[PDB]
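Model: Beta-lactamase / ligand avibactam.
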Amino acid sequence: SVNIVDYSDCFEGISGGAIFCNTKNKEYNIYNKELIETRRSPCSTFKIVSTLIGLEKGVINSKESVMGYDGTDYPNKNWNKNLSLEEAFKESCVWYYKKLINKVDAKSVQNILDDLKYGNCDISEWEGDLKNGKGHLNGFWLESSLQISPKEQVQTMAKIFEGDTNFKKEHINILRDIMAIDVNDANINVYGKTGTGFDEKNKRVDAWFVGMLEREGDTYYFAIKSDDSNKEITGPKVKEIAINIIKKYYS
Ligand SMILES: *C(=O)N1C[C@H](NOS(=O)(=O)O)CC[C@H]1C(N)=O
Ligand SMILES: NC(=O)[C@@H]1CC[C@@H]2CN1C(=O)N2OS(=O)(=O)O
């Protein structure tokens, strides 16, 4: 059933929530239900879905696929090269995913998000939050018009990885490959993606870790989310919290 749980010890004083769902036995474990139901920008967690869009549309084809780096200078060393899908995903390389999505027409993206029930499915601000001054390093998924709740993230993850969408199984497997995480515990498989943004209206972070976990037959889909007012709280910090929860309660 739906169990309300207390994972606050693992959050070590940071404000947030968590939801874990096992769809075989319909076990919903929820910490901070209000937050779990609140829609926010997905930030870089949207790269999970953008990857599948690019694969389905043929813009990319494998974890080796490239997007034609043009020499633009970036402060992240690893963005300055013709990187593969696998490396762009793990580096959260914004230029790679912006070029990818701008090869896809807006109607196709709208219909895919509608089919996935991806939050408000609002792509109206296609080029993103331009008032932050970052120009082409912006898009509808980065503190802009698209918003989704942690509950809805888990529901989307489950539909994708349980095979209930029309995405090709080959493409799902590419995603699984590039999302795998090493947590120094061979008895569980963890997959996920971080995201980091700052909600300027509410003066709160949107710090995310969303993904799935396999252990001994069972699979849990999960979303961990902070909304702290402390700007030091990032996606990577929230991934730490998620792994602590997994090791304590799901091992
Ligand atoms: C992903 O979450 N990223 C972090 C950061 N997001 O900030 S934004 O929502 O204001 O755009 C920049 C994009 C991306 C990254 N790691 O570059
Ligand atoms: N970012 C990760 O993947 C985290 C961080 C370090 C390793 C891998 N992993 C863990 O869970 N670790 O910690 S450890 O279990 O204490 O060795």
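Residue numbering in chain A adheres to the PDB entry, whereby the residues present occupy positions 59-309 in order. Whatever order the structure lists them in is the order used to number ligands and atoms, beginning at 1. Atom set for the values below is all heavy atoms of this structure, side chains included, hydrogens, waters and symmetry mates excluded.
- Listed by number with element, the atoms of avibactam (ligand 2) under 4.0 angstrom from any heavy atom of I301 are 2 (C), 4 (C), 11 (O).
- Protein heavy atoms are absent from the 4.0 Å sphere centred on atom 5 (C) of avibactam (ligand 2).
- Near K297, the atoms of avibactam (ligand 2) lying under 4.0 angstrom from a non-hydrogen atom of the residue are 1 (N).
- For chain A, the entry records the source organism Clostridioides difficile.
- Shown in contact with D240 at under 4.0 Å from a heavy atom are these atoms of avibactam (ligand 2), numbered in order with element: 2 (C), 3 (O), 8 (C), 9 (N).
- Neither the backbone nor the side chain of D243 has any atom closer than 4.0 Å to an atom of avibactam (ligand 2) (non-hydrogen atoms only).
- With a 4.0 Å heavy-atom cut-off, avibactam (ligand 2) is reached by no atom of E298.
- The atoms of avibactam (ligand 2) that sit less than 4.0 Å from any heavy atom of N242 are 7 (C), 8 (C), 12 (N), 13 (O), 14 (S), 15 (O), 17 (O).
- Checked by distance only, avibactam (ligand 2) and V241 come closer than 3.5 Å through their nitrogen or oxygen atoms.
- When only non-hydrogen protein atoms are considered, atom 16 (O) of avibactam (ligand 2) lies nearest to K305 NZ, 4.4 Å.
- With non-hydrogen distances under 4.0 Å, the site around avibactam (ligand 2) consists of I239, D240, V241, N242, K297, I301, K305.
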